**Q** 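The structure follows.
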Amino acid sequence: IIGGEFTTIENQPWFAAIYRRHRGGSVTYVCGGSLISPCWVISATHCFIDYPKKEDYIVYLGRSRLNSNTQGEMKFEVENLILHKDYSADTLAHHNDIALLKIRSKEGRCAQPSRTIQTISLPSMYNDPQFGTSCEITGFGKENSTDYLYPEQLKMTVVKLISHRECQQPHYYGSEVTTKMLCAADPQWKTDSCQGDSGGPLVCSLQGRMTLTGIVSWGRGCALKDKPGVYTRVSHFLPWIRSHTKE
Ligand SMILES: Cc1cccc(C)c1OC[C@@H](C)N
């Protein structure tokens with residue numbers, strides 16, 4: 001996250017921290033994720049596509065710090081790693097950038113809701129906030145483009161939803177942004193998601209309810225003028241989510 005504020009998991013209790021283990025025993029952070037039910041985390045395909053082996057992954061819930069333990073945190077393995085069959089990446093644009101991780105504790109259980117671990121609601125078919133709406137993003141992503149390490153503490157910020165019409169302007173992304181994507185940015189270009197924020201939630205308060213409107217997907221640089229964050233439009237993927245979580 002560029003700009004914004006440090007935060008704690010209690011304010012973002014659906015946030016999942018996803019790591020990958022390496023031969024040698026080193027674990028690195030991979031991407032964000034959102035808990036949409038006790039057994040299911042949703043994230044972004046591009047996070048996993050080069051390493052589609054579920055055994056490599058570790059998911060934490062209730063975690064506020066990157067490399068240390070948070071009271072109440074819970075650790076999960078991945079029982080099923082589901083990538084979107086039609087995922088693809090162009091120079092900038094990532095398509096069908098959405099994934100599902102079925103989680104389970106070492107004892108075989110799914111998540112136990114608590115003060116710091118909660119599900120986030122999905123949106124309803126093609127019902128997204130209007131452009132100009134303020135929404136929040138959360139992640140352990142870079143604080144500056146020149147950074148090579150991630151912040152130790154979870155961050156959040158607030159960005160505004162940008163219309164498809166504006167986002168498809170030639171100085172923005174032209175036709176590379178599709179209707180299955182959502183653009184969001186700061187009107188002054190001072191705050192944004194960045195590398196390492198992928199897979200994490202774009203949350204909008206919709207009809208009184210906190211809704212998972214987007215998933216951090218792609219963009220050109222971070223907090224660049226005329227270059228919004230691009231998000232998977234969750235509301236266009238409800239039949240895919242339902243079909244894969246129904247089992
Ligand atoms: C999400 C992401 C992943 C890799 C690279 C960049 C610049 C990224 O940020 C683009 C945009 C969200 N600011």
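Along the sequence shown, the residues carry numbers beginning at 1. Counting convention: from 1, in listed order, for ligands and their atoms alike. Keep in mind that the numbers below use all heavy atoms, side chains included, and drop hydrogens, waters and symmetry copies.
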**Q** What is the identity of the drug or drug candidate at ligand 1?
**A** mexiletine
**Q** Write down the name, per UniProt, of the macromolecule bound to mexiletine (ligand 1) with the most contacts.
**A** Urokinase-type plasminogen activator chain B
**Q** Should you measure from each heavy atom of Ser198, which atoms of mexiletine (ligand 1) turn up under 4.0 Å away?
**A** 1 (C), 2 (C), 3 (C)
**Q** What do you reckon, does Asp192 put a non-hydrogen atom under 4.0 Å from mexiletine (ligand 1)?
**A** yes
**Q** Starting from atom 7 (C) of mexiletine (ligand 1), locate the nearest protein heavy atom and write down its residue, its atom name and how far away it is, to 0.1 Å.
**A** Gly221 O, 3.4 Å
**Q** Below 3.5 angstrom, do we get any N/O pair linking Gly196 and mexiletine (ligand 1)?
**A** no
**Q** In chain A, which UniProt active-site residue has the smallest heavy-atom distance to mexiletine (ligand 1), and what is that distance rounded to 1 Å?
**A** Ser198, 3 Å
**Q** So, for mexiletine (ligand 1), where in chain A are most contacts, UniProt-domain-wise?
**A** Peptidase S1
**Q** Return the residue, atom name and 0.1 Å-rounded distance of the protein heavy atom closest to atom 6 (C) of mexiletine (ligand 1).
**A** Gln195 N, 3.9 Å
**Q** What are the atoms of mexiletine (ligand 1), with element, lying closer than 4.0 Å to any heavy atom of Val216?
**A** 1 (C)
**Q** Which of the listed options, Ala185, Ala44, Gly229, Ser193, holds the heavy atom that is closest to atom 13 (N) of mexiletine (ligand 1)?
**A** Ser193
**Q** Does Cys222 approach mexiletine (ligand 1) within less than 4.0 angstrom via side chain, backbone, both or neither, non-hydrogen atoms only?
**A** both
**Q** With a cut-off of 4.0 Å on heavy-atom distances, which residues and nucleotides contact mexiletine (ligand 1)?
**A** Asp192, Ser193, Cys194, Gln195, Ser198, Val216, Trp218, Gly219, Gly221, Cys222, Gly229
